[PDB]
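Model: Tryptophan--tRNA ligase / ligand chlorzoxazone.
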Amino acid sequence: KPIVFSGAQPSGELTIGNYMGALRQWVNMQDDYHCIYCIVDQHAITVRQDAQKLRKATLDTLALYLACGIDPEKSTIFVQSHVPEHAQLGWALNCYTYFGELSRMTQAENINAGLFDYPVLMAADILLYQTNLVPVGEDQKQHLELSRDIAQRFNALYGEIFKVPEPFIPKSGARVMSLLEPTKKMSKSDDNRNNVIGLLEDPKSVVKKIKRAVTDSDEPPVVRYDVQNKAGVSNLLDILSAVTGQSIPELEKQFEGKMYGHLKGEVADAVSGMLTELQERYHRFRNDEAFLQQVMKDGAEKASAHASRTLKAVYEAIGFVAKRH
Amino acid sequence: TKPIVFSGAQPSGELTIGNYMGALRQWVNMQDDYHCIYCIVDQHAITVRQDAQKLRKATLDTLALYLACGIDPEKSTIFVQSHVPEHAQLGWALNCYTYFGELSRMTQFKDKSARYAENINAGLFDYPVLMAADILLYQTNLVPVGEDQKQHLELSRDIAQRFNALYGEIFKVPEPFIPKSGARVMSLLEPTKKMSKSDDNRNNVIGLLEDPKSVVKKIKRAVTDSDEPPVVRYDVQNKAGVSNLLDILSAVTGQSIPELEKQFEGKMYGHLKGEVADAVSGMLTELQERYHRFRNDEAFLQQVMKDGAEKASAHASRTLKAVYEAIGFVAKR
Ligand SMILES: Nc1ncnc2c1ncn2[C@@H]1O[C@H](COP(=O)(O)OC(=O)[C@@H](N)Cc2c[nH]c3ccccc23)[C@@H](O)[C@H]1O
Ligand SMILES: O=c1[nH]c2cc(Cl)ccc2o1
C-alpha cells in the first residue's frame, strides 16, 4: 500500500467543508493506503499562543479526527512531539536546504525563526515515513515542492534514502462555499464565523447560520443550480447534496414550486442530522482520557518504529557515529 | 549539587592550538571545581559539507583528543551530540522563541556564508539556536569558549531570559567563561585573522595532531614586524605577530606577559620564536603520545560514548519534559 502523510493542525476547528470534503474522502480509503495522521504541535508553536489551550486543542483535534472516522487500528494517528525523529531529521535536512529556498517562500527581522524554518520541519515530517503521497491545498504546494527537492538532493549525494513524495491529485468533489460570501470557499480560518458551520455546532446555531445564508432576488424564487447567477442557492444545494447523497437534478425536482425558506429548513436539518452522530462520537472520545492516551501511545509507537529506520539510514549516510544503545 | 559547565567542539577539520587555548585548556581545569559536560557537536559540523568517512573519523579523533588533553570520563560527561535526540528537539522549540534578525546579524553566519557561497544552508543560519539548545538542556551555569563564540553565547542568554519570563524558572541563564589570554589565537602568516582549523593555507595553523617538526618550522616563519631594533613587546595594533607569539608562549608555559617581556628584554625575535617552538613542540609531543593510546582503543571510545550519552540523556530529558509542559504539549506516555 502507498504511504500517505497528512499534518493535522491543533488549532483549527473543523468545518463541514473540511469534513464532507477531504476528511470523509480519506476516511473511506483507510484500507487502500497506509495513512498517517500527524497532529502537528511542533508546527503550531511557530505562532505564540496560550499553553493550556494548545494542550486542549491537541486533544480536541485527536478526538475529532477519531469521531470523523479515522481508525487507530487501520491508520497511524499520533502527536508530532511524541516522535523525536521529526526534530532530528529536521535538523539534518536544515543542512541540505538552501537559505535562499526558505527566503523565497511566499510569506522581517521580528518574525520568529520557527516561522521562517518550518518548511524544513514539514519536509522531515513527510520524508521520515517513506511517504508516497501527500494531500496538499494550494497554499502547501511550495512546501511539498521543497520536500521533493530536498529528497532528490540528498538522494543524489547518498543513494536512495528517501522516497520522492507526490501530491495526491484527485480532490474530494464536495463543494462547500461560505454562507455570506458564496464565491469564496468555506475555510476554518475565516474571521466571519457566520460564513462557516463548525462540526460542534448545535441545531439552534445551524438553523441561525443557514437562515442568514445569502440567496438571490429572483422572482419568483426558484431552486435551480447556477453558480454564476445563483451562487447562494447553488451552495445550499451542493451542501444538501453532499449530506444526503441526492443528486442536484433530484433536489431541483424536489424543490419545484418551493421557496428558499423550504430549502434552508431542509439544509439545516440535513446538516444537523449529520453533526449529531459526529458530536456523539466526539464527546464520547474526547472525555475518555484512557482511550485517548492509548491511541497516542500506540500511534507514537507505530510512527517511531518507521521513523527510526529512516533516521538511522540518514545518519549512516551523513557519517555520524552510531549511538551506543 | 555543583554548578554545571557545558561546552562543545565540532568534529570538522583538525583542532588547533587556538581551540586548545580558547576552550579545551579551561575545560580540563574546571573538572573538579564544577560538574562538567563536554560535547562533540557533530550536528553543528554538518552545517559545512563533510565527507561521510571524514566526519565519522573526525568525531572519534575529537573524542580521543579530549581524552588526550586530560578530559576524564570518571569526572566529566563526554558525549556525541547526535546521540542525544533532546538537542534537536529543544532546538526546534527554541527556534520559535528566536527572532530572524538575531540570526541574520551573526558574524559567524556572515563569515561562513562568504567562505562557503555554494552552500549557504539553513543549518548554518540556524546554527545559534541549536547551540542555545545544547547549553540550556543541561541547566548550564558556565560555558567555556573562545572569543569567537561570544555573540552566540549572548543569544543563548537572551533566549533563556525570554523563555523564562513567559514560563518561569525553566532554564538557567548561562555565563561565558572566556580566558584572559589565548581567547583568540591568530594565524601565523596573517595575524589579523583568527587561527582557523580549516584554513586553506596550512602554514597559518598549529594543529594539535600535527608533526612537531612541521610546527617548529611554521613558528620560525611566522610574520612579525619591521621594528628597528626588533623589540619583544605585546601590542596587537602595531605588533600583531609578536603579540600572538607572546600570547601562545604565555598560555603554554603559564608565564604572564610582563614576565615574558622581562625575560626577552634585550632580545629579538629569534629568542621569542625559539622559546615558543620549544614549548609548543614539547606540549604536542606529549599530547600526541597519550592520543594514540586512546585513539586506537575502540572499546574504550565506545564505552566513553555509551556512558556519556546515558548521563547526558538523564539531564536532557528532564529539561525537555519541563519545556514541553510549559509550552503546552501533551506529555508523551
Ligand atoms: N583561534 C582561536 N583561538 C581561541 N579559541 C578558538 C579559536 N578558534 C576556535 N576557538 C574556540 O574553540 C572552541 C571549539 O571551536 P569550534 O569551531 O568547534 O566551536 C564552535 O563552532 C561552537 N559553536 C561549538 C559549540 C556548539 N555548541 C556549543 C555549546 C557551548 C559551547 C560551544 C558550542 C570554541 O570554544 C571556540 O570559541
Ligand atoms: O535548532 C534547531 N533548528 C531546527 C530545525 C528543525 Cl526543522 C529541526 C530541529 C532544529 O533544531
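All chains are named by letter (A, B, ...) in the order of the sequence lines, taking the proteins before the strands, and each is independently numbered beginning at 1. We count ligands from 1, going down the list as the structure has it; atoms in each ligand are counted the same way.
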Place of chlorzoxazone in the structure, all copies:
ligand 2
Which other chains are heavy-atom neighbours of chlorzoxazone (ligand 2) at a cut-off of 4.0 Å?
A, B
Contact residues, chlorzoxazone (ligand 2), heavy atoms 4.0 Å:
A:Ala87, A:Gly90, A:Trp91, A:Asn94, A:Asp117, A:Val120, A:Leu121, B:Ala88, B:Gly91, B:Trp92, B:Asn95, B:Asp126, B:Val129, B:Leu130
ATP binders in chain B (UniProt) with heavy atoms under 4.0 Å from chlorzoxazone (ligand 2)
none
How far is atom 3 (N) of chlorzoxazone (ligand 2) from its nearest protein heavy atom, and which residue and atom name does that atom have?
B:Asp126 OD2, 2.7 Å
Quick check: A:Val120 and chlorzoxazone (ligand 2), any N/O pair under 3.5 Å apart?
no
Within chlorzoxazone (ligand 2), which atoms have a heavy atom of A:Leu121 less than 4.0 Å away?
7 (Cl)
Within a distance under 4.0 Å of any heavy atom of A:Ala87, pick out the atoms of chlorzoxazone (ligand 2) and give their elements.
8 (C), 9 (C)
Report yes if some N/O of B:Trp92 lies less than 3.5 Å from some N/O of chlorzoxazone (ligand 2); otherwise report no.
yes
Judging by distance only, is a nitrogen or oxygen of A:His86 under 3.5 angstrom from one on chlorzoxazone (ligand 2)?
no
Hey, which atoms in chlorzoxazone (ligand 2) end up nearer than 4.0 Å to a heavy atom of B:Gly91?
1 (O), 2 (C), 11 (O)
